[PDB]
Amino acid sequence: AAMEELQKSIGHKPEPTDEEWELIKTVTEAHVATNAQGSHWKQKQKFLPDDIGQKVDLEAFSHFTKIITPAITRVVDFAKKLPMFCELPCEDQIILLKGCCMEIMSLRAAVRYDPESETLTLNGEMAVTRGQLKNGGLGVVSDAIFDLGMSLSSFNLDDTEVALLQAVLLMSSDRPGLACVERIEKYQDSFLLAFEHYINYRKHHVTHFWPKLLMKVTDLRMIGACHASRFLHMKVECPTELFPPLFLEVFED
Ligand SMILES: O=C(O)Cc1cc(I)c(Oc2ccc(O)c(I)c2)c(I)c1
Ligand SMILES: [As]
Ligand SMILES: [As]
């Protein structure tokens, strides 16, 4: 219990326990496996026509929702590759995924922010600008993600960190309706821990790194909630036909 609480008070910044490494291995695997087209510096993006997205620019909105079912599936793939997840009742596995889906999606899109072209890359293919994503039906949610991506520039995260982060967003035991609420906090904490340890081991040269990286979990949660509201404004504004099936089931909450 306090082998940590004490080891801390001393000043020791504990690396990950042999077992935690196994857990980190699992999560970094599952992430990279359910990821985009790879992930590197210098060319790949398919810059979205500049005349797209400039109410709701239905032209853009289409492009997005077009490649939205793939993204939503990779999130479910990731969650599938985490044993702890599988250990949960199908009911809960659905409440969890529907909750953290946009959160993990905003994260992935945010960590693909290119400061040069000032664009994110959705599904690792389509590049979009702030106003393109904004006018394509996300509104102020675009500024949220773009502002995040810019901020995450400095944390210079890696797959494992972005992989763990997603696991923390996933085991949010506060989702309404959860049945096995305890067994979920146990797993999230298990993660937050292997996560904190991994950050010590990596030792970034940023003061208060961890406290700052947890403040991101909150911002991601806020992008999530803000999206739910934007989904309403989208239902009413855009048609009822341009809404992929999966996309729809996942977001009626
Ligand atoms: O990049 C990835 O893998 C994940 C990802 C994929 C997409 I498409 C995306 O844009 C959205 C999401 C919801 C929505 O209602 C609309 I309109 C656009 C974002 I932000 C992130
Ligand atoms: As909002
Ligand atoms: As906001």
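Chain A uses the PDB entry numbers throughout; the residues present, in order, are 199-252, 263-461. Counting starts at 1 for both ligands and their atoms, in listed order. All values below come from the heavy atoms of this structure, side chains included, with hydrogens, waters and symmetry mates left out. According to its header, the structure was obtained by X-ray crystallography, 2.9 Å.
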Drug at ligand 1 - which one is it? tiratricol
Could you tell me the main partner of tiratricol (ligand 1) here, using whatever name UniProt has for it? Thyroid hormone receptor beta
State which residues of chain A, listed by UniProt as binding L-thyroxine, have a non-hydrogen atom closer than 4.0 Å to tiratricol (ligand 1). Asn331, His435
In chain A, which residues that UniProt lists for 3,3',5-triiodo-L-thyronine binding have any heavy atom less than 4.0 Å from tiratricol (ligand 1)? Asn331, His435
Mind checking which UniProt domain of chain A carries most of the contacts with tiratricol (ligand 1)? NR LBD
Which residues and nucleotides contact tiratricol (ligand 1) at a heavy-atom distance below 4.0 Å? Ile276, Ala279, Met313, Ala317, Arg320, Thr329, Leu330, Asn331, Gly344, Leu346, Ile353, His435, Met442, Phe455
